[PDB]
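3C-like proteinase nsp5 in complex with nirmatrelvir (bound form).
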Amino acid sequence: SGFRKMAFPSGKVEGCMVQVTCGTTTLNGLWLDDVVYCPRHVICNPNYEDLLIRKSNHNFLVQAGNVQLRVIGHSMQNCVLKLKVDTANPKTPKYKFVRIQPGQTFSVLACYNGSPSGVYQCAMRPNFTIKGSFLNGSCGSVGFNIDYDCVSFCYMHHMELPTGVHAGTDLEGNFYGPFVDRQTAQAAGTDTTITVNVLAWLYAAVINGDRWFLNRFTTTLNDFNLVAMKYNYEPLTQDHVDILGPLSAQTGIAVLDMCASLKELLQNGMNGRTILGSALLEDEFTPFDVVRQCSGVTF
Amino acid sequence: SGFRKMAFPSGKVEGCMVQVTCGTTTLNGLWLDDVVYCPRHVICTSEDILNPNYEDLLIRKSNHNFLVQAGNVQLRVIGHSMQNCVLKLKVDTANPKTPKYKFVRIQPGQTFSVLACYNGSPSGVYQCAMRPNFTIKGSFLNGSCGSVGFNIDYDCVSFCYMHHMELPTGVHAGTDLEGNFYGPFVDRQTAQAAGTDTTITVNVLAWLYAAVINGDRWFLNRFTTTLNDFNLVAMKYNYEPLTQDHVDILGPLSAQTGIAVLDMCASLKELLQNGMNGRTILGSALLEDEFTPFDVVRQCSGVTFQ
Ligand SMILES: *C(=N)[C@H](C[C@@H]1CCNC1=O)NC(=O)[C@@H]1[C@@H]2[C@H](CN1C(=O)[C@@H](NC(=O)C(F)(F)F)C(C)(C)C)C2(C)C
Ligand SMILES: *C(=N)[C@H](C[C@@H]1CCNC1=O)NC(=O)[C@@H]1[C@@H]2[C@H](CN1C(=O)[C@@H](NC(=O)C(F)(F)F)C(C)(C)C)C2(C)C
């Protein structure tokens, strides 16, 4: 037993990380087959479309470990630059590019000079930011899920907002949230709590013998969602209640039963108690995360 | 900016994990050059685990009683030897993916990454601390035994923990990679309970310095303290004594923030006296003790946000 904020094994992604230099700008690239993907801001209100067509190939210094890759082509896709190189990455995993929804979780491999430094677990916030841990040179660091042996890349890191939270794109260069890759004034919107994830975490508490917060009462979506949006919680939809099904049977607490416990916790707080060693309601574990860690699924 | 329970990238440990089978017992092993290291209780059956005589169970085994599997490849065992509570299986192939490594015994308070494994396949990576009472708060199911804890320093992997068992309080016990248990535990299903746990004071102070570095000062006060007055108060909250070594180790974080270690001790003292006042620090409503001074310096700017 035990419950931990657990990342995916980073091995397969570690094999894809390289260093990209264009002038004084250094950051991280993802080398898949014969293409390196990185933030287009490496070339730097700029003018990218124009800037890149001007720039020749030997201007992009691409270092993989000690080796250098020769760039035989460039091209823009939204906010990501694609650098064509002479050689396919022999360590290339089975992979795809996915776009995740807010509330969905993923593992970040934090990198500096194409060198992996750390791995942590993240949720795409409702306001399309992530609460990451990123310094200078972190740009091009990626977010991923692993499904059997297939790496789904969902995030590339671009920037830090003034509140200390982070913004990036999918691997096709589409931003998460209403942001731009320009030195301009940008803020995170007001965030909400991922209700379905809090409930999933309460089910993990129960599975691990942490049960003081349960009660006799049940509720309805309406009454709950009226209390929720008061405490800046996402609406719990009927889809959410379906996903929690597995955990509701496996424990014998009913989702609208668990909604009554969570209501009670929002109104009365914790009474100097913890749940799985937290004094806050944790919203960065999906139902899938909880079933996977409490089942022991491997990669 | 930001502050996360970061683990080390697991790739270099992933390439070492194998599955070890003895009769009906399968657990994970660690394949480094031509040796596979695993918990010796792989040779135990259901009837052995209360008073196993390992020397006696082992003398009754051939090399070919050990099935070792690295992905699809069954490796061939050519030698076996017990060292403390680890079995070492000599195999015909040296692991081509063996990293630069060493084995280290860590002290309570020290952190490391755990690669949770089942059937020699990795399930996930998380960060742990050796609790003062020599346990870890892991996430570990049936078959997780042989999973390892590690730090990475440039390219070199220091193996510090191997998982053996779960104690009645839901917390975990294991050995160094020389097979010597952390704490007063034994690889037997006999009555075993963890010492009462304590908060790792030096680590909480480190994490308060992290909070100042990311620009949060709401919990500082204008007081100082003697180390001894601080320790007299800290013991009353089940905090580990802070020693002069601990104060020395905090020197750098003190210099980066301009806040004296004993002034940070005055803040912690007040935080214990009052709690959070419905406020949080680095996203936690509790005082965090699983970040070392080395961790904070590693993950934090080097330039304080004010
Ligand atoms: C990539 N290597 C860095 C990562 C940053 C640095 C501090 N922590 C991080 O996550 N990315 C950048 O430097 C990007 C890059 C220009 C400016 N920038 C920022 O992150 C800046 N923020 C913003 O521009 C703002 F306000 F809009 F969010 C900075 C002020 C340096 C934090 C570009 C092209 C956006
Ligand atoms: C390794 N595969 C397991 C790991 C355990 C299983 C559940 N969670 C874990 O981390 N190791 C064992 O099953 C060891 C093994 C015999 C018994 N054992 C235990 O962990 C048991 N606990 C104890 O014996 C206790 F509490 F006294 F320390 C168990 C009750 C099954 C969790 C041996 C030889 C110690």
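Proteins get letters first, then strands, A, B, ... in listed order; numbering begins at 1 in each. Atoms considered below: every heavy atom in the structure, side chains included; atoms not considered: hydrogens, waters and symmetry mates. As the structure lists them, so they are numbered: ligands from 1, and atoms in each ligand from 1.
The other chains with any non-hydrogen atom less than 4.0 Å from nirmatrelvir (bound form, ligand 2) are B. At 4.0 Å, heavy atom to atom, the residues around nirmatrelvir (bound form, ligand 2) are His41(B), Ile49(B), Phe140(B), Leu141(B), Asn142(B), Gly143(B), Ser144(B), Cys145(B), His163(B), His164(B), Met165(B), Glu166(B), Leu167(B), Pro168(B), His172(B), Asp187(B), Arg188(B), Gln189(B), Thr190(B), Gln192(B).
Residue contacts with nirmatrelvir (bound form, ligand 2): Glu166(B) is placed with a nitrogen or oxygen under 3.5 Å of a nitrogen or oxygen of the ligand (distance criterion only). Atoms of nirmatrelvir (bound form, ligand 2) lying under 4.0 Å from any heavy atom of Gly143(B), numbered from 1 in the order shown and given with element: 2 (N).
When only interatomic distances are considered, the shortest N/O to N/O separation between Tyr54(B) and nirmatrelvir (bound form, ligand 2) does not fall below 3.5 Å. Counting protein heavy atoms only, atom 30 (C) of nirmatrelvir (bound form, ligand 2) is closest to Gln189(B) NE2, 3.4 Å. Regarding atom 16 (C) of nirmatrelvir (bound form, ligand 2), its nearest protein heavy-atom neighbour is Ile49(B) CG2, 4.0 Å. Residue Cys145(B) has at least one nitrogen or oxygen atom sitting less than 3.5 Å from a nitrogen or oxygen atom of nirmatrelvir (bound form, ligand 2), judged on distance alone. Here is the list of nirmatrelvir (bound form, ligand 2) atoms found below 4.0 Å of a heavy atom in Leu167(B): 26 (F), 28 (F). Taxonomically, the PDB assigns the source of chain B to Severe acute respiratory syndrome coronavirus 2.
In this PDB entry, a covalent bond connects nirmatrelvir (bound form, ligand 2) with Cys145(B) SG. For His163(B), a nitrogen or oxygen atom sits less than 3.5 Å from a nitrogen or oxygen atom of nirmatrelvir (bound form, ligand 2), counting backbone and side chain alike.
In this structure, the UniProt active-site residue of chain B with the shortest heavy-atom distance to nirmatrelvir (bound form, ligand 2) (to 1 Å) is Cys145(B), 2 Å.
Listed by atom number, the atoms of nirmatrelvir (bound form, ligand 2) under 4.0 Å from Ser144(B) heavy atoms are 2 (N), 10 (O).
Taking atom 7 (C) of nirmatrelvir (bound form, ligand 2) as the reference point, the nearest protein heavy-atom neighbour is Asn142(B) OD1, 3.5 Å. Shown here, atom 13 (O) of nirmatrelvir (bound form, ligand 2) is out of close reach of the protein: none of its heavy atoms lies under 4.0 Å off. By UniProt annotation, the domain of chain B supplying most contacts to nirmatrelvir (bound form, ligand 2) is Peptidase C30. Within the structure, no other ligand or ion under 4.0 Å from nirmatrelvir (bound form, ligand 2) is listed.
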